[PDB]
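Here's Multidrug transporter MdfA with chloramphenicol bound to it.
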Amino acid sequence: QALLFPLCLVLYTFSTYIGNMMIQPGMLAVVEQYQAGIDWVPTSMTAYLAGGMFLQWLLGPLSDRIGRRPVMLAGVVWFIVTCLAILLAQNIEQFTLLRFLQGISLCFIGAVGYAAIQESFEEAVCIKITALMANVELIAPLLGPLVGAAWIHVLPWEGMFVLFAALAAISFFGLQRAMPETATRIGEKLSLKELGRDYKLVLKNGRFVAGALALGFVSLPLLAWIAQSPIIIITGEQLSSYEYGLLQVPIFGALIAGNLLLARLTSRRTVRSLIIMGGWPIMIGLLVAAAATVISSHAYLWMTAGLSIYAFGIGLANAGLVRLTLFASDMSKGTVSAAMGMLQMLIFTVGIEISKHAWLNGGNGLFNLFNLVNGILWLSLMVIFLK
Ligand SMILES: O=C(N[C@H](CO)[C@H](O)c1ccc([N+](=O)[O-])cc1)C(Cl)Cl
Ligand SMILES: [Pr+3]
Ligand SMILES: [Pr+3]
């Protein structure tokens, strides 16, 4: 009678994702309007992502105790408020803090929204819902930059946050009528001390931590590209929004192509073999982008080629490493998931800032060299992690 639930959670998820991806290309208009330096462009995403790791560890056990409905709806509202509130920001510092506060809305998708999905639907229907969510996450970083660039060509950046709030508002009402209460520990006491002990315990698991760290390092080059390609292409290479948008296609296309191959190969390949398989394009790609731009600072097409090859590798290898990492720890999936979520966003957050300084100080060469060491760190962890 009511499938409005998973569909509205999907719409919310989509909106928090363009909440990131549509904004990055817009950030050039943003810093122009505040008369802030281009160094604040990538920090927009850093702050957004830092918000995404802020309440991770807490929302799951909390929504288990007080209800999935109140917590989930609260997150959607928080998203609406913080999106609107950024229109009143008076300087880039204030703009960035709000990016952070908006980012907290991310924590609600996995820890409480998705947990409600698992506690509602048949193990078969739940698979198709998760498939749709994965498609959304795969399409957002492709569509976002393109839509974002075409948006600021005709409309003010403030408009984008109105769009995000509107979409999430639609999504609020759909969840208000169709989301069931599935929390199993309603009324039970939540102990922050026991929660801390849970997390101290998961982190002592060496094999788990290596896999979690590896996921962060390996995805970092992709996130660093999202954060910085606007300043790399437009302000750096003196190119237009058209080239910026176009260079996105081979990169996230290859990501998609990588996940598609993974779909076809999975019945005749173990997770272990697909990771080793992905390792070749992951490494070759990063190597190519680094060598080329060391050789020639402005070889941005070689750079895009390298990153496409790398992105294909990620498509093939990551989901399998996610699975192994999840099952490398025997503790509650809520706890294990939030732990691996926080570990990798720690790497993204710090990594984008280091990346930004690499590019500001040494240009494309440094940008790509830093990406290469991240791949090497993944590779290093995989030699130990695989057995
Ligand atoms: O980097 C990737 N994404 C993962 C999730 O699979 C990463 O943890 C992530 C999560 C959220 C996000 N966001 O909404 O801005 C970005 C990256 C790709 Cl490997 Cl799919
Ligand atoms: Pr306990
Ligand atoms: Pr416990």
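Numbering of chain A is taken from the PDB entry, so the residues present carry the numbers 14-400, in order. As the structure lists them, so they are numbered: ligands from 1, and atoms in each ligand from 1.
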| request: State which chains or ligands correspond to chloramphenicol. | output: ligand 1
| said: At less than 4.0 angstrom from any non-hydrogen atom of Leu62, what atoms of chloramphenicol (ligand 1) do you find? | reply: 15 (O)
| task | Please check atom 5 (C) of chloramphenicol (ligand 1) for a protein heavy-atom neighbour under 4.0 Å. | result | no
| query | Counting UniProt's transmembrane segments of chain A from the N terminus, which ones come closer than 4.0 Å to chloramphenicol (ligand 1) with at least one heavy atom? | reply | 1, 2, 4, 7, 10, 11
| said: Any idea what organism chain A is from, going by the entry? | reply: Escherichia coli
| Which of the listed options, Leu236, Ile360, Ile327, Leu228, holds the heavy atom that is closest to atom 17 (C) of chloramphenicol (ligand 1)? | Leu236
| query | Has chloramphenicol (ligand 1) got any nitrogen or oxygen that is less than 3.5 angstrom from a nitrogen or oxygen of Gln357? | reply | yes
| request: Please check atom 20 (Cl) of chloramphenicol (ligand 1) for a protein heavy-atom neighbour under 4.0 Å. | output: no
| task | Identify the binding-site residues of chloramphenicol (ligand 1) using a heavy-atom cut-off of 4.0 Å. | result | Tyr30, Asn33, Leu62, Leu119, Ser232, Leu236, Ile327, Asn331, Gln357, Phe361
